[PDB]
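Lab note: Elongation factor G, fusidic acid bound.
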Amino acid sequence: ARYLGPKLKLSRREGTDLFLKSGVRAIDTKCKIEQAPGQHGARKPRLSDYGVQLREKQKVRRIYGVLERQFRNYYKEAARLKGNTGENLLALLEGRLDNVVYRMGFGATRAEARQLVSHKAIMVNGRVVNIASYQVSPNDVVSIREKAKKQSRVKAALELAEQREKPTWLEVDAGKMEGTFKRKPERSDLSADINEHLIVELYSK
Amino acid sequence: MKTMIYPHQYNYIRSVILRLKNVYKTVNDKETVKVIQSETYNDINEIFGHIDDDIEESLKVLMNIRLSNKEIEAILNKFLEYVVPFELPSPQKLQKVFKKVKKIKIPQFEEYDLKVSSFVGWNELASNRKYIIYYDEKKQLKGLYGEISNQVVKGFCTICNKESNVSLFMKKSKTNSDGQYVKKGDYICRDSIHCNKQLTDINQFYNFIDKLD
Amino acid sequence: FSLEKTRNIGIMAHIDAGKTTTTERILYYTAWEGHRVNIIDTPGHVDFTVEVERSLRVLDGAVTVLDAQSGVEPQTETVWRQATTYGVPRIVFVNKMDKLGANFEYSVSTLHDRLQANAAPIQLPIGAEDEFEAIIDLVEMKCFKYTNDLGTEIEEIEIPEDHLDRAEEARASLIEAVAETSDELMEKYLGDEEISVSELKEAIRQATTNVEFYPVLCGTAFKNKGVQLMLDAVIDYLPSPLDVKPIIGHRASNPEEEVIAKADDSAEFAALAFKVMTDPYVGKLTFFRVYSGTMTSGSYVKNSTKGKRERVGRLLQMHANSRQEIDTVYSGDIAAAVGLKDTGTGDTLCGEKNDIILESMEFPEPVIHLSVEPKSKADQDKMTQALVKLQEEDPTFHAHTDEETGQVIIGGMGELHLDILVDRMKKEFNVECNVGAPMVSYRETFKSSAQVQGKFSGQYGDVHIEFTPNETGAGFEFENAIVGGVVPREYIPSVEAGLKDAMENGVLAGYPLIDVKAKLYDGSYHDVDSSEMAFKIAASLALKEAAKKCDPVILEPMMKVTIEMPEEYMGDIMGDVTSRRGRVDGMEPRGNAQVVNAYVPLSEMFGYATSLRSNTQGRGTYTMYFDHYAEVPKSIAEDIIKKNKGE
RNA sequence: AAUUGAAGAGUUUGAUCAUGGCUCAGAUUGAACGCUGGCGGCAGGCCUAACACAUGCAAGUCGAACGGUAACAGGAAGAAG
RNA sequence: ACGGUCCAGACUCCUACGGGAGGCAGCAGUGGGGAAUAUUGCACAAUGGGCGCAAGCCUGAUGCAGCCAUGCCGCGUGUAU
RNA sequence: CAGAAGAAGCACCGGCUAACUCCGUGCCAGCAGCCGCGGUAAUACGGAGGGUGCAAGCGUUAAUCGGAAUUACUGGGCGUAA
Ligand SMILES: CC(=O)O[C@H]1C[C@@]2(C)[C@@H](C[C@@H](O)[C@H]3[C@@]4(C)CC[C@@H](O)[C@@H](C)[C@@H]4CC[C@@]32C)/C1=C(\CCC=C(C)C)C(=O)O
Ligand SMILES: Nc1nc2c(ncn2[C@@H]2O[C@H](COP(=O)(O)OP(=O)(O)O)[C@@H](O)[C@H]2O)c(=O)[nH]1
Ligand SMILES: [K+]
Ligand SMILES: [K+]
Ligand SMILES: [K+]
Ligand SMILES: [Mg+2]
Ligand SMILES: [Mg+2]
Ligand SMILES: [Mg+2]
Ligand SMILES: [Mg+2]
Ligand SMILES: [Mg+2]
Ligand SMILES: [Mg+2]
Ligand SMILES: [Mg+2]
Ligand SMILES: [Mg+2]
Ligand SMILES: [Mg+2]
Ligand SMILES: [Mg+2]
Ligand SMILES: [Mg+2]
Ligand SMILES: [Mg+2]
Ligand SMILES: [Mg+2]
Ligand SMILES: [Zn+2]
């Protein structure tokens with residue numbers, strides 16, 4: 001249900017950094033990002049139309065660490081919700097507590113954030129939540145547990161978050177380690193690299 | 001030290017023990033039993049040469065008409081300890097054994113199998129070739145690769161002299177510029193491991209290889 | 001009935017020893033004197049020794065029935081040996097005292113001579129044949145005279161003066177025999193001290209239970225005399241489940257751990273199924289012996305052998321002709337349960353939480369093999385089902401279909417054993433089948449050499465092959481002697497393949513051709529017309545032509561047989577070997593036995609074990625090994641050819 | 001507010017366009033089978049023989065309708081160690 | 001008129017041979033058939049039903065438990081370096 | 001409270017269809033939904049390395065609808081293709 005395989009290999013196949021590492025060292029230093037994974041990885045085949053759509057969908061899943069069944073269900077909800085399906089889907093993925101914890105900077109990587117959530121180190125609105133899939137509503141307050149405040153990783157993660165660009169939608173307080181989701185992130189606010197249209201077309205196929 | 005009984009010898013010992021056990025149940029005459037018991041004792045003594053107390057005890061148990069199959073199994077296990085497993089050559093050696101067969105691969109063989117096998121034979125289904133390796137009388141390793149017939153028939157196997165499912169095994173003489181060659185063969189067991197367990201005489205197998213030559 | 005008052009006995013005898021009748025009389029007279037007696041009737045015939053063996057395994061005691069006229073017969077010796085193997089305490093009951101030529105003393109002497117058993121009479125008969133009227137008890141020094149034919153009126157009288165001296169002498173011999181096993185009795189015997197009846201009985205009982213002494217009784221089941229005294233002896237001398245050594249089993253989880261199942265009602269339930277029977281009224285009946293614990297009707301039990309949970313619907317206790325449903329079975333008891341679908345003979349039944357496996361009975365491998373062919377295909381299907389059911393009932397019966405010949409081979413412990421099963425198949429399952437000895441593996445060869453040409457004619461293939469007979473056991477040799485590319489090298493493998501295929505299918509009766517040399521020396525090809533198939537066919541045609549010219553013959557396997565026997569029976573065996581087309585190679589004396597080495601066809605060695613046993617009175621054994629293949633006689637060869645060609 | 005909805009591809013020819021059948025990519029299941037198998041919540045589970053059914057259980061209740069007391073648990077009375 | 005009556009029939013069963021008994025397509029379960037489908041569980045605590053003045057009694061309805069990856073959903077099998 | 005401890009497999013990689021080479025085999029053994037592949041340099045057979053897709057599942061089979069405007073009401077046609 002969770003992918004425990006090498007994180008960088010995923011990035012190599014996509015051909016772009018998936019931010020699956022801390023970023024303390026450059027991805028290029030850590031691995032040959034340019035080369036695709038495998039013996040025949042150096043060879044670049046022409047990408048088929050199905051391939052282009054697949055790779056986009058895979059990229060998003062790999063970034064957010066969401067399995068197909070769950071990702072398929074999100075698409076259906078995004079379609080069901082009024083508005084641009086692509087934008088809705090991306091917002092839903094962002095709404096996940098796992099992403100929220102990472103974006104707040106409590107976790108260095110989304111996987112690390114998952115461990116914190118999974119191991120009941122994170123509280124939302126004063127109730128402990130161990131669900132990564134949990135959707136953080138606007139005006140909800142997410143704070144690390146006091147027991148887990150002492151953990152060194154979280155403090156280091158905050159420092160790594162300082163290096164990263166700070167989301168407008170999430171307000172975070174250091175030391176207090178409390179963050180409020182003021183608004184759902186706008187599509188413009190979300191990274192432009194992800195192309196929602198390709199994902200929508202693939203599922204429409 | 002433990003007698004280094006050959007694997008073929010061990011197989012023979014098992015058979016005579018089974019006969020002796022059969023004799024106890026089968027025979028209703030005490031005199032006949034006594035003759036068989038003496039025979040069995042003598043035969044085992046000859047095979048082991050000097051007999052340790054453990055062999056002596058086992059023989060005593062074997063001689064007793066109250067001998068049981070469970071006891072036999074334990075006796076066989078003890079005798080198995082006396083047995084020495086068939087040596088396996090280094091992979092480099094294997095390639096030297098079959099230089100003509102480029103990148104020849106040997107499958108894993110059980111140590112127990114080695115212990116109960118006088119010779120090692122592995123068959124490649126794709127090539128329809130069975131490869132047999134055996135240390136000669138000089139103890140030099142000898143490897144033969146021969147075609148095995150896909151058809152299988154029930155007939156007395158040449159190698160073990162025991163009736164089983166067998167297929168014709170042909171060894172090819174070196175070809176010449178003319179392209180003349182001679183293939184000589186006789187039916188052998190498709191399963192080498194079963195054959196090894198069946199075989200009770202190393203000489204019979206030695207002769208069989210000579211027949212192929 | 002208490003455990004102490006329970007007796008589990010089995011009746012063993014030779015054929016026509018009055019064994020069954022003895023059982024009938026017992027049941028007629030009976031529970032006896034406040035004791036429970038469970039009886040298992042074992043077969044008398046040598047072919048059903050397996051039934052005896054299983055019975056002996058589960059029994060605590062046994063009664064040997066002998067014919068007063070015959071004494072110890074070969075069957076008696078066999079069953080005695082089986083009972084010795086399992087260490088079953090036993091008593092000897094002389095039967096057919098009324099039979100003309102009845103001799104009690106002779107019968108006792110044969111026990112010592114043939115079995116070398118420490119057996120002494122506890123009773124002496126008065127009269128023999130039609131004059132047999134009374135029995136002297138040596139333990140009590142009393143005489144019991146039967147005044148009626150029904151044996152319901154026994155008069156206890158003083159030992160007649162004419163037999164009193166005999167009785168005293170016999171008693172002294174009895175005491176001496178028992179004293180050999182008892183130090184206390186020996187001291188009294190040597191000191192000429194008076195041994196009380198109770199002390200003597202206790203000493204006999206101990207000796208009997210230890211399988212050190214065998215009390216000998218006399219009587220006639222037919223005339224209803226001595227059966228009640230034998231029952232008294234069963235109670236007095238034969239052990240209870242408590243007296244016998246407790247059965248040892250192993251845990252299913254830990255085979256190395258030995259667990260001893262002692263006879264206790266409060267212990268964990270453990271039972272052994274020793275007999276399964278199909279009943280019209282109740283369905284499948286499984287007879288089982290409870291060694292420990294209790295089991296209630298409607299309870300759930302675990303087959304530890306199979307690791308399967310089963311439920312016992314009902315518990316059936318046998319009562320002669322009548323049957324009784326019981327609610328609970330206790331330790332030491334033998335009873336039948338209904339509803340055990342998966343339970344077979346030899347399986348251990350225990351509590352759901354228990355994992356004890358009692359020592360299973362080992363079934364012998366079949367000694368005789370016969371081929372069974374159904375008259376119709378519909379009968380084949382019925383036969384298969386019948387064979388399965390019979391195999392389920394009897395594990396010593398093996399039935400399997402030979403994949404090569406398509407013949408169904410049946411294996412059994414005896415010719416009668418197989419004949420019964422065949423008869424059952426015909427009667428019970430209405431299967432018409434023909435039974436014969438399984439066809440022996442046969443090989444063909446050439447006697448003469450010949451050069452033959454195989455031509456196939458575009459499609460073109462021409463080959464010239466010289467076939468020569470090879471030495472016996474030299475196998476097949478193919479030589480490519482083509483020079484100058486008369487036949488393209490690409491087609492040589494095709495020629496070989498065609499030959500090999502044709503050789504495997506044979507030339508005469510369709511048996512593989514062996515010990516032949518084929519030399520391809522010449523041919524011809526067409527550049528455009530030649531194909532691989534053409535040359536393969538041409539090679540096959542060549543073999544057919546060779547078959548016409550090379551004088552093919554059929555070979556049969558010759559077995560080297562070593563027969564060990566007494567010198568007295570050598571003459572009969574030698575004649576028997578010769579009668580089976582066998583040749584004696586050598587004869588060597590070994591101790592008191594004579595060893596004969598001979599070469600006999602495997603085809604003639606079917607049923608040799610039985611013939612040997614008959615010829616040597618079961619004192620001879622043989623070992624056979626494959627030596628070589630030899631040409632079959634012309635008369636047999638023609639019959640084989642006819643059989644295979646469907647002529 | 002109760003909408004948001006609509007993908008083709010391979011295969012007839014030397015090659016082509018059309019026609020036309022065949023095949024595949026999706027979704028779904030009371031499923032079955034093979035290989036494999038951590039936990040939890042929720043739901044489902046004889047489609048076949050409307051085949052034959054061992055055994056227990058699934059329909060009783062009312063003494064506030066009535067004669068009674070078979071019990072039993074008492075009471076009273078009378079005899080009692 | 002599922003766990004009522006009568007008759008006839010097929011089946012199974014009892015019998016003193018005269019005459020009798022029975023109907024799981026209620027629950028659990030067995031045999032059989034089939035590629036294939038669950039325990040002869042617990043409780044009437046709640047809901048609902050029958051009878052009762054009520055207490056209560058009865059309730060395989062029902063509430064629950066057992067078995068099964070059969071499905072749906074969520075989660076894990078570490079995570080940074 | 002102890003300790004990463006106790007917890008990953010299945011199908012697929014000629015084109016359709018995302019995913020490739022090597023070795024063995026030699027119109028054989030085999031594969032296959034379709035088109036087809038295999039006769040000694042097989043990304044199509046079998047195995048290995050590597051990869052893709054899914055994941056406590058993954059394939060296969062059966063069954064229904066879709067793609068099929070291929071019964072066309074929505075929404076087809078009838079000179080020569082029916
Ligand atoms: C009751 C007893 O002790 O033995 C019975 C029981 C008996 C041994 C029977 C003879 C024979 O079918 C037996 C065999 C092995 C026959 C082959 C199979 O079908 C077996 C499953 C079967 C089991 C026992 C059985 C059914 C008996 C005999 C022997 C009859 C003697 C002769 C010469 C034919 C008997 O009753 O005398
Ligand atoms: N004369 C005589 N015949 C007997 C006696 N006991 C049994 N028989 C008969 O001898 C035969 C023996 O057969 P059976 O009782 O089946 O015994 P089995 O053959 O040993 O199993 C039967 O016909 C019996 O009736 C006896 O004491 N005297
Ligand atoms: K088309
Ligand atoms: K209720
Ligand atoms: K229209
Ligand atoms: Mg899941
Ligand atoms: Mg009898
Ligand atoms: Mg009703
Ligand atoms: Mg009913
Ligand atoms: Mg039911
Ligand atoms: Mg079935
Ligand atoms: Mg009730
Ligand atoms: Mg592709
Ligand atoms: Mg190749
Ligand atoms: Mg349509
Ligand atoms: Mg049209
Ligand atoms: Mg036309
Ligand atoms: Mg027309
Ligand atoms: Zn062999």
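We name chains A, B, ... by the order of the sequence lines, and we start the count at 1 in each one. In each ligand, atom 1 is the first atom listed, and ligand 1 is the first ligand listed. Portion of entry displayed, and contacts counted within that portion, nowhere else.
Lab note - all copies counted, fusidic acid located at ligand 1. At a heavy-atom cut-off of 4.0 Å, the other chains in contact with fusidic acid (ligand 1) are listed as C. With ligand atoms numbered from 1 in the order given, fusidic acid (ligand 1) contributes 2 (C), 3 (O), 4 (O), 8 (C) to contacts under 4.0 Å with heavy atoms of C/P43.
Distances below 4.0 Å separate heavy atoms of C/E51 from the following atoms of fusidic acid (ligand 1): 23 (C), 24 (C). Result for chain C: of the UniProt GTP-binding residues, fusidic acid (ligand 1) comes within 4.0 Å (heavy atoms) of C/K19, C/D41, C/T42, C/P43, C/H45. In summary, the atoms of fusidic acid (ligand 1) found under 4.0 Å from a heavy atom of C/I420, numbered by their order in the structure, are 11 (C), 12 (O), 16 (C).
For atom 35 (C) of fusidic acid (ligand 1), no protein heavy-atom neighbour is present inside the 4.0 Å cut-off. Entry annotation: the source organism of chain C is Staphylococcus aureus. Of the listed options C/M425, C/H417, C/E428, C/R424, C/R424 places a heavy atom closest to atom 19 (O) of fusidic acid (ligand 1). Contact annotation for C/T20 and fusidic acid (ligand 1): no heavy atom of the residue comes within less than 4.0 Å of the ligand. Taking a distance limit of 4.0 Å, we find that atom 32 (C) of fusidic acid (ligand 1) is approached by some protein heavy atom.
Protein heavy atom nearest atom 29 (C) of fusidic acid (ligand 1), with residue, atom name and distance: C/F48 CE1, 3.6 Å.
Within 4.0 Å of atom 7 (C) of fusidic acid (ligand 1), not a single protein heavy atom is present.
Each of the following atoms of fusidic acid (ligand 1) lies closer than 4.0 Å to a heavy atom of C/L416: 33 (C).
Within a 4.0 Å radius of atom 16 (C) of fusidic acid (ligand 1), the protein contributes one or more non-hydrogen atoms.
At a 3.5 angstrom cut-off on N or O pairs, C/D41 counts as close to fusidic acid (ligand 1). Less than 4.0 angstrom separates atom 25 (C) of fusidic acid (ligand 1) from none of the non-hydrogen atoms of the protein.
With the cut-off at 4.0 Å and only heavy atoms counted, the binding site of fusidic acid (ligand 1) comes to C/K19, C/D41, C/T42, C/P43, C/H45, C/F48, C/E51, C/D394, C/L416, C/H417, C/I420, C/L421, C/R424.
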Can you pull every nitrogen or oxygen pair between fusidic acid (ligand 1) and the protein closer than 3.5 angstrom?
{"residue": "fusidic acid (ligand 1)", "atom": "3 (O)", "partner": "C/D41", "partner atom": "O", "Å": "3.2"}
{"residue": "fusidic acid (ligand 1)", "atom": "3 (O)", "partner": "C/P43", "partner atom": "N", "Å": "3.2"}
{"residue": "fusidic acid (ligand 1)", "atom": "19 (O)", "partner": "C/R424", "partner atom": "NH1", "Å": "2.5"}

